[PDB]
Structures are given as C-alpha cells and as structure tokens.
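In this structure, colchicine is found bound to Tubulin beta-2B chain.
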Amino acid sequence: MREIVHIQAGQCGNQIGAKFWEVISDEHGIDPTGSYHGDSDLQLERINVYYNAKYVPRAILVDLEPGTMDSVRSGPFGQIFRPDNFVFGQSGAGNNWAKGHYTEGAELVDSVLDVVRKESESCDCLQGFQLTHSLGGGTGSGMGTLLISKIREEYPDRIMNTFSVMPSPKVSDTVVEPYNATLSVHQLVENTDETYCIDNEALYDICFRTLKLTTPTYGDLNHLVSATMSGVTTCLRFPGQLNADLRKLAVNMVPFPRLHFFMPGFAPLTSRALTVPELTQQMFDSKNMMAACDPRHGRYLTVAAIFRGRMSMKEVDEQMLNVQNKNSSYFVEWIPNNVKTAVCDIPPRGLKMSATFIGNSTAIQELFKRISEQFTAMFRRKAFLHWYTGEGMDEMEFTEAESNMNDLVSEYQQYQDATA
Amino acid sequence: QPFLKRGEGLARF
Amino acid sequence: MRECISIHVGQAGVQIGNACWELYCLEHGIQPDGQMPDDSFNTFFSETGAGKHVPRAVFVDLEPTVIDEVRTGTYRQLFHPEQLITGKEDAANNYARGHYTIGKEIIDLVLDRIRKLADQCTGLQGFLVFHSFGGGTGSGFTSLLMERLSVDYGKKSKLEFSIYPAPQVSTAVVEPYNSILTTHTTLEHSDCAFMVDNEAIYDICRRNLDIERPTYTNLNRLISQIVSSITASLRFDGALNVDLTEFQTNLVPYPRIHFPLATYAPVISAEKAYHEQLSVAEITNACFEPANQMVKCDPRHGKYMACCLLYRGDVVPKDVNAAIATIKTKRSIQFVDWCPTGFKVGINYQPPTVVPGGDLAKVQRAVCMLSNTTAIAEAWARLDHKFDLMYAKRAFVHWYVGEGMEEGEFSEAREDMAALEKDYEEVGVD
Amino acid sequence: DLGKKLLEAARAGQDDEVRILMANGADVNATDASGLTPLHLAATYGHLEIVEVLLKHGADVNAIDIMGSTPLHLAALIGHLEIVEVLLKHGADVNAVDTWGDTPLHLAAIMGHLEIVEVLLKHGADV
Ligand SMILES: Nc1nc2c(ncn2[C@@H]2O[C@H](COP(=O)(O)OP(=O)(O)OP(=O)(O)O)[C@@H](O)[C@H]2O)c(=O)[nH]1
Ligand SMILES: COc1cc2c(c(OC)c1OC)-c1ccc(OC)c(=O)cc1[C@@H](NC(C)=O)CC2
Ligand SMILES: Nc1nc2c(ncn2[C@@H]2O[C@H](COP(=O)(O)OP(=O)(O)O)[C@@H](O)[C@H]2O)c(=O)[nH]1
Ligand SMILES: [Mg+2]
C-alpha cells in the first residue's frame, strides 16, 4: 500500500489540514508552488504517499461554508492544492450536526465523493483515507461523518483514519458542541479504523500552562496539532527502517474494533535539544498528551513511539524498557511487547530531536466521560433539540449515540481492570 | 431519517 | 540431477534467500550474473548451455518493495525475472490476509511459476521453504502454499527454514498469533523444519561479532552460514543427508516432532586478531554450548531423538570420532527411549566460505550440529504463552475473523500446539 | 390562547409580541405542558429584554417545570451571563436543586461557563 487520500472538512478541518500540508511540505522540501527544493533523496522517496508527480497534495478540501475556501486558497500554501479539489457550498452548517449529516451536507456529499473517486482511481494502490475535522461543529462533524460512512460503503476494504478535534468550552463556549460531538463519536466508533483524539481541552491546557500563553489562539493550538500530525505520519512519509502501511498499524494498535481512539503526544513541546532520557520521560508525561486524560488513571493496551533525529538507539531501547519496567502497572500484561519503538533519522523543522507518542490507553474514557456529562446536562433539559429534529433527524439517534459512547466508556473500563 | 445503530460497524469483522 | 527448489516467502524469507543465494554463489564460484570460469551444485542451479547457472528458486511477496530490490540489485541477473513474484498490498501482519483474502489472489500464479521450474527438473526431490513466523505473508501465505504443494507434489519432500520472532528484532504484537496459526496449518505438510530464533542470532552477532545493533544483513549472513551448513550435503554430493528424504530419516523419527535444533561453530569476527584455528575437538565441544544454538532453549534439560554433525573444511574422520567419543564420556547426552543413540557424521572437505568483507572470519573448519531434542519445546512454550495471554481476552482476533478466517481456527491451532507440547513431554518423560 | 402565544413569543424573542400580548392580558406565568413559563423560555434562549420585561410584571423568578428546572438553572446551563445576573437581582434561588440533583452552579461548571460560575459564587452559591 502506498497512497493516502486526505480529506479536510469544515472550518477546523481545513485550518488544521492546511497547517498539516505546510509542515509536511516543508519536511519534504515541496515549496508553496509545488516545486521540490529539498536537499536529500530521503525527502522524495515516499512523496508519493501524500502527493501526486511538480507535487500536488492528494487532498480534497470540503466545506458547506464558502469563505473558508477563500481563506485557505490565499493561505501560505493555498496554491498547491488542486483547484478542482475544492468542493464547497454556500449555505453553511450553523454548528448543527444534523444540517451537516442530513440536509445541507447530504446535498453536497455526492459532489465530494466524485472528487474522492477520481483521486482514488489515480492511485497505484490505495492505502486509505485520512480526514481532519472537528467534532464540535456542523460541517466537519456531521458531513465529515456522512463522508466517512459513504467512503466506508464504497471502499469497504480501505483504512479510514481521522484526526478529530474534541470540543472544549475552554476554547469554544458553544453549548450545542456536546450534541454534535456525541453524534459524531457514535459514527466514529462504528466506521473508523483509527482516530487520533485531538482534544482542544488538552491543547489549551498545554498552551496555557506549559507554554505560558495567556490567551492561546487557534494558531497556538494548531501549532501543536500540526506537529502531532507530522509526527504520527513520520513512518508513512519517510524511508524506513519499517515496512508498514496504515493497515499494519491498525492491526497492531487496535486489539478490539471499537477501541481505536488514540491519545497522541509530542516532545518537546514548543510554540537546546533534549537528551534521550528527557525525550522518553516527557513523551510519557501527562502534560505532553493531546487528549485531556491522565494516563496514570488508566492502562496502556498498546503504544507506538516514533523518535526523529540523530540519536543513540541503545539509549532509546533502554529508556523505553525501564519506563515499562519501572511502571509495569500502567501497561496491560496480556499484550506481550505492546510498546513498540521506531526511529527516523530526519528531524522536524526547527528541531534536532523529537519523539511522537501514540497511546491506546483506557484513560481516554475520561475524555468521553467529559463529553458525555456535558451531553447529558444539555439533553436532560432538552435545549435546542428541535434544531436537530427539525432537520429530519430522529430524536432516537440522540439516545442511540449517547448509549454507544457510554458503552465505549465501560468497554475501556473493563480492559483497564482486566488481569492476566 | 434512518440512523446508525450500535454495533452496526462491528459487522465488518 | 536431483533438484531442490527453494521458495522464499515474505520479507524475512526473501532477504534470507538473498543472503543464502549470495553465499551459494560464492561457495560454487558462480558470479552474480550466473557465469563461472554434471556438477554437484546442479541440484540448486540449472545450467543453460552457455554456462549460465540459474538458482532453482522462487521469491514471493504480497507487496513488491523487498523483491524490487532483488530485481534492481547486485543479483538482478542471477534469477529468472519470472521467478520473482510480487503482489500489490501485503498481509498487514495478518495470517488470515496471507492465507485467505490476499493470498488466494496470487496462489495460482505462484504455483504456475513453480510448475515451470519443476518441469526443468529431471528428478525433483522437493522444496525448501523460507519464511518468517511473524509476518502476515511469511505465516499465512506459506501455509497456503504448503497445502497446495502437498496436493500438487504429493510425494515430494518439503523442508522449512523459519524465523522465530523475538522482541529484540522487530517483532509485532500479533506475531505470536501468526506463529501458532502457521505452525498448526503447516505441521502436517512439512517433513522437517529448522527454526531460527531471532534472539539467538541477535545474541550471537552481539557476543561473537561485537555488533551492538545487528542489522538484518548482519543477522541474515549468519543465518545463511547455518543454512549453507544444512544444505551443503545437497550441493556437494555428500555421504550424509544426500537428499531431502534423508533429513526425515536422519533427524525425525516422530513426524510431528520435526523441529531440529541447529548449533553452529565457530562464529568468529573478521576483526579479531590473529589466533590459532580451532581444532575439530574445540568446534565439536562448542556444539554443546547453549550460546551457539539457533534457538534459545536449555539442552541440559532435554533428551535427544536424533543427532547429525555436519563438518566443513580441514576435518580428518578419526578426529571427529575421537571428539564425539570424548563428548559421550564427558557430557550427559540422553536419548529418548526408542531412538538409536548414534551420532551421524558428515564431512564436507571444502573450506567454509564467508562473504568477503562481511563480519564473519574465514575459518579452517566449521561444524553445524542438528539435534532433534525435546529442549526446543521450551521455545514452543514461550510462543504458546504469549498467544494464550492475548487470546484469553480475544485481543486482535477480530482482525483475523474479518479476513476470511473463522474464530474456531484460533482454538483449533492452539489445541494442536498443546498436543505438540505433550508430544515433546511424553517422548522424553523419564 | 394568550398564554401559549406569550410562551411562543418569549421563546422566539419577539419583544413587541410579548408587549402586545401582555397588553391584552396574557398570563405572564402561563405554563406549557411540562411546566415551562415564559421566563423559563426567554432565559433558555437568551432573550434578555423579555426576561427583564417578564420580571417587571409579576413573573415568578423561581418557578419550576416538571423537572424542577428554575429559570436560573436554564440560563446557567445555556450560558446567558446577563440573564443570570438579572435573575439573581430579582431573587432567584441560587441554591435551587432540580430533579437530577443539579444546582445552577453545577450546570455552569459542567458546561464550562466560568464567568457564570464566578457570578453564582459571588451570590452565595453552594458547592
Ligand atoms: N532474521 C530476519 N528476520 C526478519 C527479516 N525480515 C523480517 N524478519 C522478521 O520477520 C517478522 C516480520 O515479518 P515479515 O517477514 O517482515 O512479514 P511478511 O512475511 O512480509 O508479511 P507481511 O509484511 O505482514 O505481509 C519479524 O519477526 C521480523 O523480525 C530478515 O531479513 N531477517
Ligand atoms: C506506519 O507507521 C507505523 C506502523 C506500525 C507501527 C508504528 O508504531 C511504531 C508506526 O508508526 C507510527 C507499530 C505499532 C505498534 C505495535 O504494537 C503496539 C506493533 O506491534 C508494530 C508496529 C510496526 N512494527 C514494528 C516492528 O514496529 C508495524 C505497524
Ligand atoms: N484546534 C482547533 N479547533 C478549531 C479550529 N477551528 C474550529 N475549531 C473548533 O471546532 C469546533 C467548531 O467547529 P467548526 O469546524 O468551526 O465548525 P464546522 O465548520 O461546521 O465544521 C469548536 O470546538 C472549535 O473550538 C482550529 O483551527 N483549531
Ligand atoms: Mg512484508
């Protein structure tokens, strides 16, 4: 498997998706024009995974709001994107998941799938799809999930990857967001193979406490997202020293089909290079998690760690081993060797040494508990419920999604306490 | 509108 | 002559094949293009008539990346292009993908290509199959191939060289499942299988070669040294193990218990300073040191079913007999009850060969001991325990059930493994 | 029925409708089937001017629907800060608990309405 087809939907989706292409274009040496200006054949060996040969990102930009396509098109790298790849409407979703999934989104979705299809048919061998979207709004959340289900119907055998930003009132105090995100999470447990939980709550806390930013902006939070996305895609994009696609990753990371929500992390955090012990310690530190969950409150089912930069592998293997040895309690003992390390000799821009963390931890239930409690608070007073049913959406879908997410929580809880 | 059921994605495996 | 076809399946199997065929060429003076300045190595190489010698070999992988390097590299002219077979998407560390969904897409193509090699054999003995236990292709497609070859070549022997996974050398969490599944489906179809524990090779490169982090090349060149020791009798017209059938005769009295332990000596760094060459006695004693085994397990603990000693180089028969005699008086060698206690000896008089500029020093005499010992049950038990831990939670099982496999095949495989552990236990109970 | 028209007008933010309806005698403390009054609905949907108008004209600031929800509950939940302050200025029960055991403070905290959390703390909210 080689090529990956990238979809970004909604405001959040397109803003994190744009930042993603800037980082990895800079990493691969692709200039804003689509011209290669890199200094190493390593940068080009797997350019094919994300780019079509000048190099054009295999990305489909989607929104029901018109202006967000204007804002990316004049963004720093807005010209690299294929013009035909822009699929947008004029109405908008109005922070309403049901408008995105069922009405405004349903009217635009076949148009997107035609662009998806022509990107797919151009692929040597399709490795899967990746989607960047927020779950708290209307387009990325509702229509993003509609796209996910449509792709899953047309490409049943392909991997579906998502980078989903979780709502936090710390960042958007909009009270319908728990509704939209619970409706989406329901979609996600059924229809994605891998979902990186990008928690705005954690993004804000990192920026506010760790980065000492008094008033973090979407640029500050998106700085952490873009660095996380570069890191988790490092082994897809750079020559290994690892012969693995998205499916082999999913196979080894996901022991149970519904438990496919990853807690990503990064070190060092930023807006002098670290030692390997520093890198390892910070990478397992709660402060470095992009999901607002304390990993010491749960247990790791599976962990993948990617180190970037010139560094001692015997030091890394020893650091990883003593962390597992010293904190064996935090690692499920009925998955032998569930902490896997990989290393890439190419570091990210402006850094000599970095480490990216992908944890399948039962502590992520705290994230879903947080959303569930906010969903239940709103749902029980039945506020704004008519905005959704008025779009044709059955009310039972609300209780269905809430039940599915609460089933998710207990399912994490039983593997948290399972013994061997 | 028909909606997604719990466990409906579990059928793929 | 009496041809053997070597089949290399998946990344591990291809890359070990590369090392093995590299070494065979060196051992017989064949060049990377098949040229050289009725020969016994005709079992492993066809001979055109313009003096081109072509390995009787098939390379199969379900994705093309590894085999693409063979097609572009130093030996791009050694193999038939139609010998090197690739699909488009691999088995994703998933036995079921390798055996069922993806593997069935290409199994017939693989058999057609094998049939064309076989049609150029006057008297095919059978097949040598190289593959990993942990890979989705190495495990899953190998089992499919071995089943099909038992039907299409009913009376031919089939031997395996398989890679045992180890945390120290790039294993994955599902590999234990893959190891059990392939072992169960292959068991009835393999006459003899030589397991290489990646941790043992790793240990040996680290200790004997002072390579702190062995590469696959490091590991595979050592592996190919042992493999060459095992197949030398088929390529140099030996007195012992002269054909594939003889491996069963000499090493496998009980068909299910067909996993001999390989112990090899001496492994010496080419960087080591001048030293006297080790005698026959010295290299023979080293055959009984656990650090030199290809699978980590305690032989002191087990009993022997069969034992062959394959010597290469400047080895005088009377010195072998004296060394063996010394072993029997000094070591506690116990055979299981109903197996004759004689060691079988082979001597190949040609100097052992190493890749020029590699890690392995060239030596005056080498020995590979093949001992079918119950001690290797300890390695099955290690595997089985890792399988049990995950399977008790049904962890990762859904990936397999989604790719054409029924969940019952997991317990069916595990049960077979449990009977295999009891086979070992009952054959050597005091 | 003027009460139901007033209820609809309060929920929709129809400031002139609320006035005219009241001028014709509409029941300021009308309830719908679940016990929600015009003040509940205006508090829920952020209609500050109608909230103030209802309270100037005899609305029960502490009315409860079936579920024990007061108007302060709903405004604290949806995040309407000025309405929270107005309800408190007219004597809303800062410590009122609804049928789920929730105080307005607790709904504000759950939803992350931190300015409202502080306002309630300033006005004697318990925790
Ligand atoms: N000794 C040795 N082991 C290898 C080599 N390549 C892979 N392995 C081992 O083989 C197992 C991984 O399986 P692979 O052979 O790479 O997988 P595959 O057969 O290509 O199957 P899929 O890639 O899943 O389709 C691990 O236990 C590795 O350590 C090699 O060149 N030498
Ligand atoms: C395409 O990129 C990746 C692909 C994979 C892995 C991974 O994490 C180190 C990646 O980088 C993000 C991977 C992950 C976890 C494992 O166990 C938790 C495993 O067994 C095994 C792996 C990988 N295999 C190895 C030997 O590391 C294969 C799948
Ligand atoms: N981290 C981050 N979050 C965002 C960004 N843009 C919007 N959001 C969040 O996404 C949610 C709103 O969804 P949005 O994408 O704006 O609505 P949509 O256009 O209908 O998909 C809220 O939780 C916002 O905090 C962004 O650029 N970065
Ligand atoms: Mg492979």
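Lettering of chains follows the sequences in order, A, B, ..., and the numbering in each one begins at 1. First listed ligand is number 1; within each ligand, the first listed atom is number 1.
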- Message: Could you help me spot every copy of colchicine here?
- Response: ligand 2
- Message: I'm curious which other chains sit close to colchicine, say any heavy atom under 4.0 Å. Can you tell me?
- Response: A, C
- Message: I'd love a list of the residues lining colchicine within 4.0 Å - heavy atoms, by chain and number.
- Response: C235(A), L236(A), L242(A), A244(A), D245(A), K248(A), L249(A), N252(A), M253(A), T302(A), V303(A), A304(A), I306(A), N338(A), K340(A), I358(A), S170(C), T171(C), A172(C), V173(C)
- Relative to the heavy atoms of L236(A), which atoms of colchicine are at a distance of less than 4.0 Å? 1 (C)
- Residue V303(A) vicinity, atoms of colchicine by number, heavy atom under 4.0 Å: 18 (C)
- Task: Provide the organism that the deposit lists for chain A.
- Result: Bos taurus
- Item | Ligand-residue contact atoms, colchicine with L242(A), heavy atoms, under 4.0 Å | 3 (C), 24 (N), 25 (C), 27 (O)
- Which of the atoms of colchicine are close to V173(C), meaning less than 4.0 Å from one of its heavy atoms? 17 (O), 20 (O)
- Query: Which molecule name is recorded for chain C in the entry?
  - Reply: Tubulin alpha-1B chain
- Query: Identify the closest protein heavy atom to atom 26 (C) of colchicine: which residue and atom is it, and at what distance?
  - Reply: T171(C) O, 3.4 Å
- What about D245(A): any of its N or O atoms under 3.5 Å from an N or O on colchicine? no
- Check colchicine against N338(A) and write out every atom of the ligand that is under 4.0 Å from a heavy-atom position of the residue. 18 (C)
- Numbered atoms and elements of colchicine in range of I358(A), under 4.0 angstrom, heavy atoms: 12 (C)
- Item | Ligand-side contact atoms (colchicine) for residue partner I306(A), heavy atom cut-off under 4.0 Å | 9 (C), 11 (O), 12 (C)
- Query: Between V339(A) and colchicine, does any nitrogen or oxygen pair lie at a separation below 3.5 Å?
  - Reply: no
